[PDB]
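Structure with pemetrexed present.
In what follows, chains are A, B, ... by sequence order, proteins preceding strands, each numbered from 1. Both ligands and their constituent atoms are indexed starting at 1 by order of listing. Determined by X-ray crystallography, 2.2 Å, according to the entry header.
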Number of protein chains: 2
Amino acid sequence: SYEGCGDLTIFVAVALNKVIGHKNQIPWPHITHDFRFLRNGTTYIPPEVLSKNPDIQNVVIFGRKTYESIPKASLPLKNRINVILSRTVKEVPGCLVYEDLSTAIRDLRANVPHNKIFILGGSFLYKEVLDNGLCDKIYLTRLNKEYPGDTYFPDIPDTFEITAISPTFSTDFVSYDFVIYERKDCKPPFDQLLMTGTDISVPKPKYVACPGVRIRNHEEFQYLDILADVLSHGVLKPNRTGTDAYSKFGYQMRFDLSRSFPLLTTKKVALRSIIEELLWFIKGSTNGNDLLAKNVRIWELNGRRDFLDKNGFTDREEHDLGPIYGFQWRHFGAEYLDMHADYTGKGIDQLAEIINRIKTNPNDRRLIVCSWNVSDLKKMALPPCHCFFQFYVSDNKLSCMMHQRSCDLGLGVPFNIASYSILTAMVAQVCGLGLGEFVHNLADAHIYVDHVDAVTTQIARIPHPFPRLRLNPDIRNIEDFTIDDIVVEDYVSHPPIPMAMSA
Amino acid sequence: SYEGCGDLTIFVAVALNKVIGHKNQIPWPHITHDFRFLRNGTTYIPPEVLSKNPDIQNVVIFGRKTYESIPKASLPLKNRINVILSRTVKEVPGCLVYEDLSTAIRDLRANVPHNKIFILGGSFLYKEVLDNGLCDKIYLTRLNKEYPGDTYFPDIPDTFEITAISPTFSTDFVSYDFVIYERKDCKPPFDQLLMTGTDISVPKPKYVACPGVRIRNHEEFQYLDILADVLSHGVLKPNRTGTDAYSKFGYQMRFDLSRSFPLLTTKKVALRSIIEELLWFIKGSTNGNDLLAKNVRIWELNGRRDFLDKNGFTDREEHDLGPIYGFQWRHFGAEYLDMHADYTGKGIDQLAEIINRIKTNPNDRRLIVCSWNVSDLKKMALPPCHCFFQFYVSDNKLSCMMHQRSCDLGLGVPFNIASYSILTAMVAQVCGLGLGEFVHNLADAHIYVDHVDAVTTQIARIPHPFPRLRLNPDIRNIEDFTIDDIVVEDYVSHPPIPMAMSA
Ligand SMILES: NC(=O)c1ccc[n+]([C@@H]2O[C@H](COP(=O)([O-])OP(=O)(O)OC[C@H]3O[C@@H](n4cnc5c(N)ncnc54)[C@H](OP(=O)(O)O)[C@@H]3O)[C@@H](O)[C@H]2O)c1
Ligand SMILES: NC(=O)c1ccc[n+]([C@@H]2O[C@H](COP(=O)([O-])OP(=O)(O)OC[C@H]3O[C@@H](n4cnc5c(N)ncnc54)[C@H](OP(=O)(O)O)[C@@H]3O)[C@@H](O)[C@H]2O)c1
Ligand SMILES: Nc1nc(=O)c2c(CCc3ccc(C(=O)N[C@@H](CCC(=O)O)C(=O)O)cc3)c[nH]c2[nH]1
Ligand SMILES: Nc1nc(=O)c2c(CCc3ccc(C(=O)N[C@@H](CCC(=O)O)C(=O)O)cc3)c[nH]c2[nH]1
Ligand SMILES: Nc1nc(=O)c2c(CCc3ccc(C(=O)N[C@@H](CCC(=O)O)C(=O)O)cc3)c[nH]c2[nH]1
Ligand SMILES: Nc1nc(=O)c2c(CCc3ccc(C(=O)N[C@@H](CCC(=O)O)C(=O)O)cc3)c[nH]c2[nH]1
Ligand SMILES: O=c1ccn([C@H]2C[C@H](O)[C@@H](COP(=O)(O)O)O2)c(=O)[nH]1
Ligand SMILES: O=c1ccn([C@H]2C[C@H](O)[C@@H](COP(=O)(O)O)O2)c(=O)[nH]1
């Protein structure tokens, strides 16, 4: 029945609730970037094929209803053979018309010189294509938001897997990315091996994040790869906590903050806790009760009585963490008494200083906030892990680099990535700047023994498109941001993964 | 004469003075790594070819004398067809013998089933092969030392170019790498382009280091690639000095210090100046005269009367640079008076504390020397560029990571790379540790406009194998190293490239 009708390639854009159409129209506001991706995907002809037949084109196939879903401004689709399937219309300007798919494909491959056939919907057509195994490859644009609709993309069969994932992009109404699914059952020159000067037979690593994904452009892969690399090649070392960890040294990640917000999607990350922690840093607090009071418990264990006493801090009030981040950001050099003291106008307000300098002298090469106050180290419950960051301006875009001396990959690193991304966005906004990159340096990167099963599970999870960040555009000063001013939209994630903190 | 005798592939190992042989023996102590490279290169059969004939072997061709040059025990060379050329010997146990090359190649390619033919010398044979254009590819082990000898490798014709370079390796007696030359005249799927989500036709970068080199495993490539990247994509910005610079933010380089010493070879680097400056940091000096007195002038322009005056240091004695590196390394938190004050027992001796912590608690995750003393910045003639570094120990190897806020890629970066490599080796030695990696994080990395021609010239230069470092093993304390205790052996470099410093 469908003899000769296979290897049909689908292009579709699909909302989170699988909706693809609403009142015969696209359900979301137009994403022209998606239109260009579709155009580029469906027009491509390999160089070899094109030099032999230079007039050769691909085919696009639609139901009639989808065909009207398109303007005249862009119709019939330029440089491709347009084909419409329909039992009620006989003729359409610019197109070939067939009564059914099996006739169409047969006629096409027998009688119409073309390169590749693409399937552009709608549901009727997609459903026929998938129920009958006629598709070997899907180009799918994933939108991280639900839209009202009445037309849906069918579930993709378990016979398919994701093999490519673009970077996450965003408009101001949705975050999205592009992926490729391929049917599983049809999905290294020697000099390269020799010229390493090392073993020509190098056994593949023990741990590989998402082995089936061959094009790995989602920024989350940086974090997943590092996890895989420390599990594969990390050395188990004792450490101060008394819970051992597999450790490796030296990594650099970067995130394009103009495109998306790098809140990990491979587990549900406690965003509320990250935001309260940052606002806590900004206002200069070193009182752990300020976080507890807001139902954030991430700093509880390093301020507990037994932890303080274990480390010689026998005169320290519980949850007085000492002159850590908040104190150094706002009062570097001031004498730390305790977490209740008035430090107003005492020490150096690095945070204020550097924001003002970004405004007045963007090309300054010393835009640094440093929490590694060597004189204060002995007073600290836990010396800063993210101990140093530096801003940078070019082309009216702010970037930030942070140095992290000690990186708990399971627990803290995901917090750190998201925290500095927000800080950069805040700083960019109060300075009237666009968004560049967050560059994250890992020095001692490790995975605690009791997180191994957690992270093994995690790195097998396919990333969702990252979410996007919106700050209240009215906030003019970094000290004014409240939690309601900091909104992460379109966060799609896998389930939370419990991991215990080693104090 | 030589019809059907082309595409013969050479393997040779060559001393810096082109010597390959001495008294019919190898002129250097044996490098078993080189033998292993040779054996792997000459025994490889492509998997496709091997399945069709699972007994197929390659050919190795020698002169009589070169055969006589290998132990009778290691011979005939295993898993290959051994061929000897000779006019004075007719039969050799388990080898083929020919009277001349042309006959040999013809007989072999017509009558002896085999995969690929290799040429293993000596000079008579290499010369005949090169003089007659019979070679399309050369596997060449470069040694950075001259050896006595009486047999030489001919000059390689300018019809060849280097297309592959291994990482630099070393024994205790020589620095070396592997390279491939290929004859010039005969030397990515669309999904990869589409799945970036950006412009599918990418204008190739304007600058590329060593475009001819396809396998780029020499660590110097990190530095050359970064030069090429900043030239290509960096933004022209003004800065403190009044000479503009192309600038790009965020890189990470690493150097395996157990293998070689990363003193750049694409220009002759002023190593003596690097050592004196480091010894100057170590002893804690902030007096620029201490450097001038050793005929090192790198800090002179930043301590000069006019520079001090124009930065408001009108009361500062000339070449009193203020509480910069030496002071922070040894006395962080002491009150800086001037460069003549006695600071003995004042402030925190970070350098001493970290070296002692490496000895007593190698798994500590706070092994940091921080020169970004925020309290002292306003006193400094030039706030530290390499402002923060951190050590790490695993598998009995010391690694180091440095954060450089501002990176004069033309002048200072080459100094910083070698400086921290020496410092790491020194610290490793006094703590009885082996050598791991130096990891170099660059924040604002830039190229001054007046260095563009210089660096454009530099990035087309093919790197030599890096040199190696030897410290005097008697030195037990970091303060005891003197210039004569720190020896760089086997430094081979292209000419110096003049570059002017912007103050
Ligand atoms: N977001 C996306 O990626 C995407 C992609 C495509 C479409 N859409 C949206 O989806 C909607 C259109 O889809 P839809 O499911 O409502 O309609 P559709 O599938 O485009 O068209 C339905 C009609 O096409 C004809 N047809 C389809 N398969 C046929 C076959 N095998 N043989 C004969 N005729 C066939 C029949 O028309 P007759 O009445 O002539 O028999 C059928 O009633 C629009 O809202 C559009 O914007 C979205
Ligand atoms: N480091 C390296 O990569 C390397 C590589 C190879 C060799 N080597 C060194 O080089 C030295 C040996 O080389 P070498 O140049 O002295 O000698 P060689 O070229 O190995 O052999 C000399 C003899 O080979 C014969 N021969 C070469 N080409 C011939 C041709 N076309 N037709 C007939 N006979 C031919 C002659 O034969 P008869 O005299 O027998 O008639 C000649 O006297 C040794 O010291 C060895 O260790 C070093
Ligand atoms: N990924 C994806 N997104 C979609 O919206 C979609 C559709 C919806 C129908 C549709 C088809 C073409 C264009 C259309 O206008 N196409 C123009 C693009 C305009 C341009 O960028 O120049 C074209 O030339 O293809 C607009 C809408 C089917 N398959 C799709 N797949
Ligand atoms: N060993 C160690 N690792 C660290 O990263 C760390 C920190 C960084 C802050 C931190 C601490 C705990 C959690 C954390 O527990 N997060 C959990 C729960 C989050 C929540 O429910 O709010 C998580 O699953 O992400 C997340 C972040 C302080 N002390 C630490 N000590
Ligand atoms: N790069 C290079 N280095 C050289 O020394 C060399 C030579 C010198 C002659 C020569 C040939 C083979 C071996 C020899 O013993 N080969 C053994 C090595 C055994 C092993 O290490 O396992 C082999 O099996 O090839 C040792 C010396 C020719 N071409 C060369 N090219
Ligand atoms: N703009 C700027 N860039 C810097 O890197 C820097 C420094 C770092 C130290 C430094 C200064 C000059 C040279 C240097 O001049 N090197 C020359 C000559 C070396 C010699 O012969 O001693 C070189 O060609 O490498 C190399 C290193 C202080 N102030 C600076 N200001
Ligand atoms: O913001 C933070 C703070 C701490 N840590 C981690 C690193 C270590 O796992 C632990 C601190 O222990 P030390 O490195 O100080 O020993 O907490 C983070 O990952 N991010
Ligand atoms: O060890 C050093 C010291 C300085 N610089 C460079 C960076 C800048 O080009 C210049 C210092 O100027 P500012 O970044 O402070 O403006 O010196 C280095 O590259 N390495």
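- The ligands or chains attributed to pemetrexed are ligands 3, 4, 5 and 6.
- The chain that pemetrexed (ligand 5) touches most here appears in the PDB entry under the name Dihydrofolate reductase/thymidylate synthase.
- Other chains within a heavy-atom distance below 4.0 Å of pemetrexed (ligand 5) are, by letter, B.
- The set of residues with a heavy atom less than 4.0 Å from pemetrexed (ligand 5) is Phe11(B), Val12(B), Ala13(B), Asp34(B), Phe35(B), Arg36(B), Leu38(B), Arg39(B), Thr66(B), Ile70(B), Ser74(B), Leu77(B), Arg80(B), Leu120(B), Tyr126(B), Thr141(B).
- Pemetrexed (ligand 5) has no nitrogen or oxygen under 3.5 angstrom from a nitrogen or oxygen of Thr66(B).
- Below 3.5 Å of separation, one finds an N or O of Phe11(B) facing an N or O of pemetrexed (ligand 5).
- Below 4.0 Å from some heavy atom of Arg80(B) lie the following atoms of pemetrexed (ligand 5), by number and element: 23 (C), 24 (O), 25 (O).
- Within pemetrexed (ligand 5), counting atoms from 1 as listed, the ones closer than 4.0 Å to a heavy atom of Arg36(B) are 21 (O).
- Atoms of pemetrexed (ligand 5) found under 4.0 Å from any heavy atom of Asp34(B) (numbered from 1 in listed order, with element): 1 (N), 2 (C), 3 (N), 4 (C), 5 (O).
- Residue contact check: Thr141(B) has heavy atoms under 4.0 Å from atoms 1 (N) of pemetrexed (ligand 5).
- Taking every heavy atom of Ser74(B) and a limit of under 4.0 angstrom, the matching atoms of pemetrexed (ligand 5) come to 15 (O).
- Remark: pemetrexed (ligand 5) atoms within the under-4.0 Å shell around heavy atoms of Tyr126(B) are 28 (C), 29 (N).
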